[PDB]
Amino acid sequence: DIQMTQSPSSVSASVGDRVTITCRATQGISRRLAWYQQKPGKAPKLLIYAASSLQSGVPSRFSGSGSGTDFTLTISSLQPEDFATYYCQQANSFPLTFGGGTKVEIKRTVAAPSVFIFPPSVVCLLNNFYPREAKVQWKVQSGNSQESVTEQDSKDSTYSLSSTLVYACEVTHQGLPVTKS
Amino acid sequence: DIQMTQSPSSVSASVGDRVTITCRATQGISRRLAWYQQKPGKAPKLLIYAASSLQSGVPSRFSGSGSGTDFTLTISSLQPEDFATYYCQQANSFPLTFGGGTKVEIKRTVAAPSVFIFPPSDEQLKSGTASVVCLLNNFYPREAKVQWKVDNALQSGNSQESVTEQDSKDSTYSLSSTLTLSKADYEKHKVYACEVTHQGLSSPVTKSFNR
Amino acid sequence: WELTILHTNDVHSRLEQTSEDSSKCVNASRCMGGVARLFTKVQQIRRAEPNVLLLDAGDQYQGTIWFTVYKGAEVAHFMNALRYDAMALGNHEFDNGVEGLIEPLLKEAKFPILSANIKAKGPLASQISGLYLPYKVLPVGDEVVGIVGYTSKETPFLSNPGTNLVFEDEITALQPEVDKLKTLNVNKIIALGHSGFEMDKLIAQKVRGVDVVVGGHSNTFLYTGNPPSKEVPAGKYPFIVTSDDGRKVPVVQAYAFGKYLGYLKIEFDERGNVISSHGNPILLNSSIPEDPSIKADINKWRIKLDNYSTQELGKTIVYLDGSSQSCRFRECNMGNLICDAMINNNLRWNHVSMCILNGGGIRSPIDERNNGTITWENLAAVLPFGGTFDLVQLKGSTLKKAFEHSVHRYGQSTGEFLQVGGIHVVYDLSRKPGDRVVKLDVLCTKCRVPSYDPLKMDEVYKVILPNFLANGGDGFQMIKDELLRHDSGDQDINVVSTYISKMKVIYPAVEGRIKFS
Amino acid sequence: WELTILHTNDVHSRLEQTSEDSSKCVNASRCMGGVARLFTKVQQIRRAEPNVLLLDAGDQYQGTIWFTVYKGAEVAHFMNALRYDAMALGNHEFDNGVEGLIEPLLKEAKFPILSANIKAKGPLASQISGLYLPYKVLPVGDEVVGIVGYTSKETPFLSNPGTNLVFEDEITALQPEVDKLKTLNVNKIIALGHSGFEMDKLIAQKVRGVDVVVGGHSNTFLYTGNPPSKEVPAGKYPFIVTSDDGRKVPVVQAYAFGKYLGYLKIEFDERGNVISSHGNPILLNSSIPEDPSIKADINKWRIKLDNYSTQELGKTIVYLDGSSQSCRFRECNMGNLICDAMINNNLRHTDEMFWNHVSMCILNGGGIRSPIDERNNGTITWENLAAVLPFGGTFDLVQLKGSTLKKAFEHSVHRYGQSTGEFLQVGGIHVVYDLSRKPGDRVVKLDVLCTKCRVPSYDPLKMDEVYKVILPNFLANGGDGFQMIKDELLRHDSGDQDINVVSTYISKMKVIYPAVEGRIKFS
Amino acid sequence: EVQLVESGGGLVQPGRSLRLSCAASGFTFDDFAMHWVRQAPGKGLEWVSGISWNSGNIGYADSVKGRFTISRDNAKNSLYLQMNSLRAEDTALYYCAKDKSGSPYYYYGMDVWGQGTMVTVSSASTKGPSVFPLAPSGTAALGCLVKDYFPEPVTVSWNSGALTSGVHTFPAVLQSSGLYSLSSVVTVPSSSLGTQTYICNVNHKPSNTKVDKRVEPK
Amino acid sequence: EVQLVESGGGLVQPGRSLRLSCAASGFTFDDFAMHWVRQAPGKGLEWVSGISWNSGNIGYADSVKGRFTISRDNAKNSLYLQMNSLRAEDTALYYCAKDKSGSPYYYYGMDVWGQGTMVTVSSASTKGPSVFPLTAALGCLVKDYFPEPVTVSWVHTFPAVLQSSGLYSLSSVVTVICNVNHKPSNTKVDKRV
Ligand SMILES: *[C@@H]1O[C@H](CO)[C@@H](O)[C@H](O)[C@H]1NC(C)=O
Ligand SMILES: *[C@@H]1O[C@H](CO)[C@@H](O)[C@H](O)[C@H]1NC(C)=O
Ligand SMILES: [Zn+2]
Ligand SMILES: [Zn+2]
Ligand SMILES: [Zn+2]
Ligand SMILES: [Zn+2]
């Protein structure tokens, strides 16, 4: 199997800038590479079907490049409709493996998480934080917890998180450590 | 200046009811009279420019008549779009005075007011003033009387009144009477009653909070 | 009381200044007319006089390219700019149908458009109701003047009013309206209308209660004294008619094409009777400046005109040969194309297949070497006289004599030589004039399969002429006085352009319709 | 790297299978062409061979009832079903105008449509930019091939594109496009265009960097070996042009009407140069079965054609006398109407500038079968026209000598009085017969419309002069006698369908009124 | 087509001056007499001033005579009203109006009116409203009192538009201190007082003040 | 025009089998290689199977090889995926995708994707949600509900998370009555907090 790695795992870009996504296979696949774009709750759509070949009905904004082992998708002059997940797929031979995906997100200012507690299964809720990379601990506990993070908000473009297990929740995030029970 | 009088100040009319408005000048103005219609929040619209000449686009149900000192505007088969204020204007010579105006409003059955009293909020009491509100809700006709009896003593002043236009659906009126006092003055009395007299009520309605 | 009637009639969309002969303005320092110049004069009169009443007697629709492009929008726009007090429907107001009158003019005019003798029927009755009135009581100063209008009974034959309009007698339709005005305390009544000078005099004599008559449709020039231009007066201004009631009714006309502005001062008494009247038509030459605002508006609107004029109407494979040496001596491509345009416009009198056209009506050729492009400018150069093609009913002898006159003076390069369509004529110039038409065949009508049969002298035929031929132009006097029926039709350039746009590629040829022995 | 170019040109709305000469199909066992048959052949070639590139050189518009009913929607739909890779704009694509090109075809087509030498100006430049491209870079297999489109500069004279379109020179507009393509590292370039075989050779010789030229607009047949049908090749397939750079450029063409599928195999090296090129057009005859799904789709779309058959095309003021007692003995207004239809159809939209001035028409009297009655509210329907012209032929353009034309006219009255159908209805011709004279001298007057003259007029026939005339395909292929025509043709081009032409002319002439004008007389 | 646009109106300190302008379009400005007409809040029409086409005949109301000056520029199609020595009595919406008569010798009323420009002659500074609750005691009335603000325009809504039935917003009253007072009420079912939250939103654009008061039973 | 409709997906126990079907409408079915793709809830795409036009070339992902079976009926313009010996790792949305390339010898990605069919493999039975109550913030916790689809109204609605028992959990929060609708179990709970 031709395993394919896509970088970065997530890119935060502002409207109007250039986004570069790299895709590397485990072996040369000539220019048999495709780029797909997928919105939340929608089927993926084909943007590039061969290296540097734009799909019909797709803006010339997206540009494919590369050959052999390295390929690149460039979204110059980003627009609000381009904030989705992009996948590279090798079309060399069966199996036609896909990539890990690359999420393009709206870049906004850093926002501290609003922390709230809910005793009973204790719930720790983080509201309107940015960036998505927050960390939550219980210090009751290791494991026995689930973290659910919403997608980026349509208007506030922030992120919200809910972690479910004194039971004092501790939150560390680059916008700050807040401990509350 | 040619002073101009208009009668009546207001007339009650339903759909299909013939409406007559009389304009009387101080001196003879021959047939130089204009009749205007004004809706709330809109600029006046010229209906009649001579004493009887209809402006283009004005329905034929509007008619002008009269000459010299007395002029008349007649609306036969009144329509919902004709409930407005009507003004006469002499066009003899400068100054071009306007008349007082005549409000034509939708006639309906009598409606007794709903009387509510609102004592001053503690916020404005902390701010150094007291405002006592008396609300008459959904009454008809517009002729309603409000008195303020504080400690069974009538206050002629210190009161103001606001009245809405006719309701869009009910075609009724609402009134708000505000009694304004100093915080120290309001700290003396206790009764602060509002008495309402209206033709739709057999007896006046008194509302109080006694605090 | 003193009233100043300013009036215009038969302007025919003459928005810009024209020459002395009402043609295109070449020398701007010697040009008459225009709506800007008329605006200037009317503004002066209104600023100088207290009681002014600017009236229009109709025929404001049609005559130039302005109506071709804007189709009455320009007329309504510039009469609203000039602030006309009333208008009467002319026949030309129905040229684009009743739909072409309702939308551009009736719904856009800010003045009452009047006709007391037009009655609507059926579906049109509700659509046109209230758009045109039988009369209007206009307050002028401290008084009220009742203006009642009228239109020709010949409008169905001179225009396209439709089947839902009835044009009854002017007298018997004006009298009830004048009486209605009388019961409305209006004693000063103006009969404004479009029926010709003779019917204006008839209205003045017959209708009881009419004080002044303002008319059109006749291009009649009335002047008191020495006229200021080439127009020859048909009578004094105003023409005084002694009515049956014993009153002297003034009748006024202001020629046509906006060259003159009729100006009549009438002094009334308290009871509304005309004590007297006097005036003249003011000649609007270069001595009256054009209003800069109206002139700027004309310039703005005259861009769309020059944009439409340049555009391509169709392609031509062949040289159209509008040269005088061909259209006045032999069969030419252009005459055949024009006859085909007339016949196709009529057929698309529903079986008319005959056409004659004077060769003096063809002025300029059209060049196919310019990528084969035909524009409105080329066709306008071919037929710059602004006429219409009219249906007439003739006899075989009359057509035969017209064809003799067509070659009665051959060799002088005159314009009486006839281009034909649906007619095969063979001449013989050797014999004496009056018998040089050796052979004359025409397309048979009221037959299953058309064919060219010899012309019968005792028979009756339907032919599409120009106005010049139907009115004794370039000779042809036997045509004008012998028409059994005569109905005006569509414009010349409009018909030819419609035919060319319908036939995207045209290829006229000398088909042998006209032959010589 | 081996590339298989499949191409078609000048299909002319021949969706259903036609006969050997683009006429209506009669014997299914001997019919050729068709979208369904081409679908089967292209499917076989795609399944059997790796690098396959199906292209169209233009003129898919105009020619049959399909274009009158669907106005190019059927063309876009079935070329999407066939999955064309690219298409070049032709002169006939501008029939019905730019408005009739943008909406039916430019919007519905999924394949790129290419024309480098077409420039839009004025208000149209906003509404048409991006709908047609100067070139397209298509990945074929693991390689990438650029295709540059072009259209003949004669399109304004052969069609009605309007004023807002400028048709620049093919070479001067193709050179910057090819240079830009070679800038994009595209070493395999195909010039797919609609400017004619001669201009294709000129593009191959002059434009640097063009590897293959796929052309149209001329119906030129190229074959290497014994031809499979009646078409006589004008050269070898591919026609090798020695470019000014020393390279050898193939030029290919596949006749017209979907009868052939141009099939070329080219060998490219790593640098994109052509080492070898060989092939032959594939005759889509009855041996290739029609695809059942495409045939079912065609039958489904034929429902609207059948409904339109009863629709009123227009009205006639006069009785259209198409009876045999009239159109086979004398001049009949139906024959005049049909000749006017042929001439007007040819002059409105012409296949080539060679035929853009044709004003002469002949039509055998046996081709008119039934008359049209004006008592039915004057309406003319497609069914009545089918009754008039039931054979489903075409109206062809044919170049003859004066002697050939005069001998054809002599034959037309060689056996007069026997109700034979050789009596020719004429258009743009004035013929006078003297029946008393012996056959071979009965045509005592024969005047024809001059075309080289600035103003067309009827001049006497010249026997050594050369005249272009529109005929039925029945006459061009012999027919009711008339062997002298078939023997002495100088040039032949198939044309639109008969009933199609007549119906389109009647649609333009919303009211028709043909008469007996004296085109045929007797002394 | 005929259009009149006023401009130049605004807040004036008492005793100061202000020049109203009126741009005209769609008609010959130098053919009609032009008028300035008052309308104070809650009162009828008052004719302020009038000017002829050539400024030869100028008239003023007796209340503005000697203070206001009407003028016109026919080249720029503009009408001007220079108001001098202003006072609280001139607080009104001013319309520029076009006379119907095309004759300089007659007046036929005014057939074309502008949208009007508001002139507020008051010494009170722009102040943000204080919003107080009017708590309720079948149905109960509950409201918000928007007191002591300036200038006049405030917008009062309930539950961000969720309450549009029973909304009675009374016209503002100019208090003795020069500040405006207002009240808006809603009549609502008495059982809805314990569960439904009632919120009065007051917007004062001139002071950029948005206040949200939660009215409860209290 | 082009369209692909998927059917046959639904609840199934581990170790059982399913048969996903895909109907093609607006293209020549027997000309394009047809693929089955798999997207786990909240995860990326995973190509699981593909078949050629004549079924000669058949490919499976390494995780589905030996269990799944792709097939096609060109006469019915249909694509089938038989899924045997299913596991809890096979629950996902399945897309029936059409290859862009018209050449049987190449793959040009996938240009047409039908709306996915949700295949859920779990041993848990369908049961109603359990609702618990939770600047100030409030909310409701919707625990132990199955299957995945559920609606919460009153606003941050977090994605669902599978427990160790196979039952989904959910939480909705607001800034200051939670209404939970679960169609598969026909449950509607309005809990105030
Ligand atoms: C214009 O007409 C007037 C009035 O008849 C005349 O006095 C004048 O000479 C004319 N021409 C010019 C160029 O002013
Ligand atoms: C069809 O044409 C091919 C050549 O392309 C020929 O070999 C074959 O015999 C033809 N078949 C028929 C039935 O005409
Ligand atoms: Zn006239
Ligand atoms: Zn007339
Ligand atoms: Zn061509
Ligand atoms: Zn062609």
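Reminder, nothing fancy here: chain letters follow the sequence lines and each chain counts from 1. We read in the header that electron microscopy, 2.9 Å was used to get this structure.
In this structure the chain with most contacts to chains A and F is the one UniProt names 5'-nucleotidase.
The name recorded for the drug at chains A and F is Sym024.
With heavy atoms closer than 4.5 Å, the chains neighbouring Sym024 (chains A and F) read D. Counting non-hydrogen atom pairs under 4.5 Å with chain D, the top chain of Sym024 (chains A and F) is chain F. The source organism recorded in the entry for chain D is Homo sapiens. In this structure, the epitope of Sym024 (chains A and F) on chain D at a heavy-atom cut-off of 4.5 Å is D:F39, D:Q43, D:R46, D:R47, D:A48, D:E49, D:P50, D:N51, D:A81, D:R83, D:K110, D:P139, D:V140, D:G141, D:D142, D:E143, D:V144.
Contacting chain D at heavy-atom distances under 4.5 Å, the residues of Sym024 (chains A and F) are A:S30, A:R31, A:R32, A:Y49, A:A50, A:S53, A:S56, F:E1, F:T28, F:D30, F:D31, F:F32, F:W53, F:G102, F:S103, F:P104, F:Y105, F:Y106, F:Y108. Under the naming in the PDB entry, the designation for chain A is Antibody Light Chain.
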